[PDB]
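Check out this one - nirmatrelvir (bound form) stuck to 3C-like proteinase nsp5.
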2 protein chains.
Amino acid sequence: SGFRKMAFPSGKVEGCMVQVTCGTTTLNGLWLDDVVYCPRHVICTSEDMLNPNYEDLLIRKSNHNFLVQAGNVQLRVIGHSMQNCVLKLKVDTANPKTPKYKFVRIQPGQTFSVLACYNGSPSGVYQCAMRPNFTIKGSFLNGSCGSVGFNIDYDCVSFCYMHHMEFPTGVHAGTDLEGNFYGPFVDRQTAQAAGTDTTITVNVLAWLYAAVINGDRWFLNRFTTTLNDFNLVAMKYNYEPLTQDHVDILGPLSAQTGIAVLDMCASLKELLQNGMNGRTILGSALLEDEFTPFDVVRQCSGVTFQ
Amino acid sequence: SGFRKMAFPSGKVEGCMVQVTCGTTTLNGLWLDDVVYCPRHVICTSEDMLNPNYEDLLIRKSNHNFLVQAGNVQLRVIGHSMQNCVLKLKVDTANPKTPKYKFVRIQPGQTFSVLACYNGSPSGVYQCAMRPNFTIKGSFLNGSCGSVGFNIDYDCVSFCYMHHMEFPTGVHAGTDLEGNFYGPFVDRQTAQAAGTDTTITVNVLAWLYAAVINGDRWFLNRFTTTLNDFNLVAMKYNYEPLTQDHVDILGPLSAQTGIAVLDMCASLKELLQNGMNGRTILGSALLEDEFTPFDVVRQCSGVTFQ
Ligand SMILES: *C(=N)[C@H](C[C@@H]1CCNC1=O)NC(=O)[C@@H]1[C@@H]2[C@H](CN1C(=O)[C@@H](NC(=O)C(F)(F)F)C(C)(C)C)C2(C)C
Ligand SMILES: *C(=N)[C@H](C[C@@H]1CCNC1=O)NC(=O)[C@@H]1[C@@H]2[C@H](CN1C(=O)[C@@H](NC(=O)C(F)(F)F)C(C)(C)C)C2(C)C
């Protein structure tokens with residue numbers, strides 16, 4: 001028992017990080033087979049990033065202008081192209097440590113692990129959620145761009161995020177591995193509007209199930225509710241609507257604990273209307289929404305990866 | 001910016017995990033050079049663990065009774081010995097992925113990353129603190145024993161923890177890599193007394209500095225205090241005494257932010273006496289004590305590892 005914020009093991013991704021330098025700008029790249037993927041603003045000077053024309057800047061670059069280093073070994077760049085907001089550098093050497101992998105675009109509310117890197121070297125690993133407003137609350141410093149987010153399925157690494165930028169309130173934004181931004185953002189140093197964020201209801205419910213599995217059961221009440229009535233109450237507290245798809249995804253946790261999803265919704269409704277009365281759930285004094293139903297299952301049932 | 005619970009990258013440790021089976025009991029082992037380290041209760045049946053005589057049980061085992069698997073490859077055991085609560089299995093093959101490493105015994109209040117494993121395979125990574133009562137609040141299921149805790153310094157893995165047992169309130173206990181337990185515990189399935197836990201004061205202060213570095217500054221007051229006067233107040237709230245050694249360790253964060261350690265102590269004192277008035281610090285509604293001063297520095301300054 002016990003329940004912690006848990007990341008995927010990072011080793012398979014560690015084997016793919018390199019550093020990419022163009023002129024005087026250095027950031028991280030992801031080396032898979034004979035291609036290195038990295039954020040396109042590696043080609044910018046500081047002045048360029050206030051209003052860059054990326055197509056124009058790349059025109060004046062040739063292959064040899066990109067210094068790619070995998071450890072102390074330089075990887076010769078033999079081609080390059082730009083795909084939305086990422087650059088793809090073809091190199092003369094395939095990465096022998098390339099894992100089985102896919103590029104996926106995750107949905108809001110879904111979680112992933114981030115391997116935060118500087119100069120091509122890993123610094124740490126943490127877990128994040130894609131917020132409903134398509135930001136993430138990460139931890140990133142200068143030089144972190146090209147750090148990736150991922151999930152693991154047995155032996156397959158699903159890469160879902162590459163880091164590009166920080167809005168001055170500690171809110172982070174980036175792209176999938178095809179270079180398309182999550183959310184209505186662009187890779188330019190200028191002020192930009194994000195949507196109001198909301199609470200990921202299905203994840204809160206998953207975490208309440210984790211609490212029950214771990215013996216923290218005080219908030220369970222004797223009532224049920226309808227899905228409509230719960231959603232009306234949750235709207236007022238800036239919670240996302242709970243859909244039948246969400247109810248179906250919660251089925252394994254409901255079956256394991258013997259608590260109907262709508263009964264847990266009745267317990268959450270009381271918590272929203274009355275507060276926690278100074279109490280904690282799984283050590284937290286707030287309702288936690290960055291654990292998915294699968295996160296709870298893989299932690300509480302010990303799923304491993306090859 | 002941003003501040004998250006961050007683990008060390010786990011790849012170097014992933015390369016060292018194997019599974020160890022003796023009879024019908026299977027758990028994890030740590031394979032370094034030509035030695036596999038694992039908890040000694042791998043030699044027990046379920047009945048044995050209620051009151052085991054480990055020396056007696058090991059007498060009747062020979063090398064061939066230990067099945068060690070590194071992936072799908074069996075490692076031939078060619079010798080064995082027991083060191084306190086860990087077994088050491090000599091194998092005929094040195095692990096080619098052995099990193100630079102040390103075995104260290106950490107002090108209470110110090111943190112480490114745990115790579116939770118089942119059947120020799122990694123499931124996830126999370127960060128833990130050695131509590132003042134020598135327990136940890138981990139997340140561990142059946143088969144997790146032999147999972148290790150560690151810190152990383154550039155390229156050197158400092159192994160500090162191997163997991164052995166859970167007390168029925170989700171409290172975990174284990175040994176250093178010489179098999180000596182942290183705390184007054186033994187590897188027997190019987191009820192055992194742990195000390196009252198306390199709050200790690202120097203870590204709370206480190207986390208308040210992390211808050212200031214990230215722009216969360218509302219709790220800073222205009223007062224200072226003496227070390228004596230602060231410790232008198234913190235005693236009442238079950239906080240560990242703050243020592244001059246602690247004050248010295250906080251120096252880098254104090255210098256970076258320009259807030260004297262005793263001035264931060266004055267701010268913490270007000271928080272203890274008055275509460276947070278419904279407010280959060282770095283997203284938390286409680287004071288957090290599982291970040292060390294070094295944890296804050298390595299996250300907020302982007303220290304990497306080879
Ligand atoms: C990549 N190495 C960095 C990661 C940043 C650095 C500080 N925290 C992070 O996450 N990415 C950048 O520096 C990008 C990059 C130009 C400027 N930038 C920003 O993140 C800036 N933010 C924005 O411009 C805003 F607000 F629109 F998001 C900055 C003010 C420097 C934090 C480009 C090409 C967007
Ligand atoms: C190693 N694979 C497991 C890890 C346990 C399993 C559940 N959560 C964990 O952390 N270690 C054990 O099963 C050890 C082992 C016998 C029994 N045991 C326990 O952890 C038990 N706890 C205690 O006996 C207590 F309370 F004293 F800590 C159990 C009740 C099964 C949780 C031995 C040899 C101690």
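Below, chains carry the letters A, B, ... as their sequence lines are ordered, and counting in each starts from 1. Just so you know, these numbers use all the heavy atoms, side chains as well, and skip hydrogens, waters and symmetry mates. When a ligand or atom number is given, it counts from 1 through the structure's own listing order.
- Location of nirmatrelvir (bound form), all copies: ligands 1 and 2.
- Within the structure, the other chains placing a heavy atom under 4.0 Å from nirmatrelvir (bound form, ligand 2) are, by letter, B.
- The binding site of nirmatrelvir (bound form, ligand 2), defined by non-hydrogen atoms within 4.0 Å, is formed by B/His41, B/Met49, B/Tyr54, B/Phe140, B/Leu141, B/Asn142, B/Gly143, B/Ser144, B/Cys145, B/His163, B/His164, B/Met165, B/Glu166, B/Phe167, B/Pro168, B/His172, B/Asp187, B/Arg188, B/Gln189, B/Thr190, B/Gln192.
- There is a covalent bond between nirmatrelvir (bound form, ligand 2) and B/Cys145 SG.
- Close contacts of nirmatrelvir (bound form, ligand 2) with B/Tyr54, meaning ligand atoms under 4.0 Å from a residue heavy atom, involve 34 (C).
- Remark: minimum distance from atom 24 (O) of nirmatrelvir (bound form, ligand 2) to any protein heavy atom is reached at B/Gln189 CA, 3.2 Å.
- Within the listing of nirmatrelvir (bound form, ligand 2), atoms 2 (N) sit less than 4.0 angstrom from a heavy atom of B/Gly143.
- Of the protein's non-hydrogen atoms, B/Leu141 O, 4.2 Å is the one closest to atom 5 (C) of nirmatrelvir (bound form, ligand 2).
- With respect to atom 10 (O) of nirmatrelvir (bound form, ligand 2), the closest heavy atom belonging to the protein is B/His163 NE2, 2.7 Å.
- Of the residues of chain B in contact with nirmatrelvir (bound form, ligand 2), the majority fall within UniProt domain Peptidase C30.
- Atom 13 (O) of nirmatrelvir (bound form, ligand 2) is not flagged as protein-proximal [any protein heavy atom, distance under 4.0 Å].
- Atom 3 (C) of nirmatrelvir (bound form, ligand 2) has as its closest protein heavy atom B/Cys145 SG, 2.7 Å.
- The protein heavy atom nearest to atom 22 (N) of nirmatrelvir (bound form, ligand 2) is B/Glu166 O, 2.7 Å.
- Not a single N or O atom of B/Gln192, backbone or side chain, sits closer than 3.5 Å to an N or O atom of nirmatrelvir (bound form, ligand 2).
- Checking UniProt active-site residues of chain B against nirmatrelvir (bound form, ligand 2), the nearest one by heavy atoms (to 1 Å) is B/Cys145, 2 Å.
- Annotation for nirmatrelvir (bound form, ligand 2): atoms under 4.0 Å from non-hydrogen atoms of B/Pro168 are 26 (F).
- Protein heavy atom in closest approach to atom 18 (N) of nirmatrelvir (bound form, ligand 2): B/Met165 CB, 4.2 Å.
- Ranking the protein heavy atoms by distance from atom 6 (C) of nirmatrelvir (bound form, ligand 2) puts B/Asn142 OD1, 3.6 Å first.
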Could you list each N/O atom of nirmatrelvir (bound form, ligand 2) together with any protein N/O atom closer than 3.5 Å, one pair per line with the distance?
from: nirmatrelvir (bound form, ligand 2); atom 1: 2 (N); to: B/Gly143; atom 2: N; distance (Å): 3.4
from: nirmatrelvir (bound form, ligand 2); atom 1: 2 (N); to: B/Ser144; atom 2: N; distance (Å): 3.4
from: nirmatrelvir (bound form, ligand 2); atom 1: 2 (N); to: B/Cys145; atom 2: N; distance (Å): 3.0
from: nirmatrelvir (bound form, ligand 2); atom 1: 8 (N); to: B/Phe140; atom 2: O; distance (Å): 3.4
from: nirmatrelvir (bound form, ligand 2); atom 1: 8 (N); to: B/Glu166; atom 2: OE1; distance (Å): 2.8
from: nirmatrelvir (bound form, ligand 2); atom 1: 10 (O); to: B/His163; atom 2: NE2; distance (Å): 2.7
from: nirmatrelvir (bound form, ligand 2); atom 1: 11 (N); to: B/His164; atom 2: O; distance (Å): 2.9
from: nirmatrelvir (bound form, ligand 2); atom 1: 20 (O); to: B/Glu166; atom 2: N; distance (Å): 2.8
from: nirmatrelvir (bound form, ligand 2); atom 1: 22 (N); to: B/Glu166; atom 2: O; distance (Å): 2.7

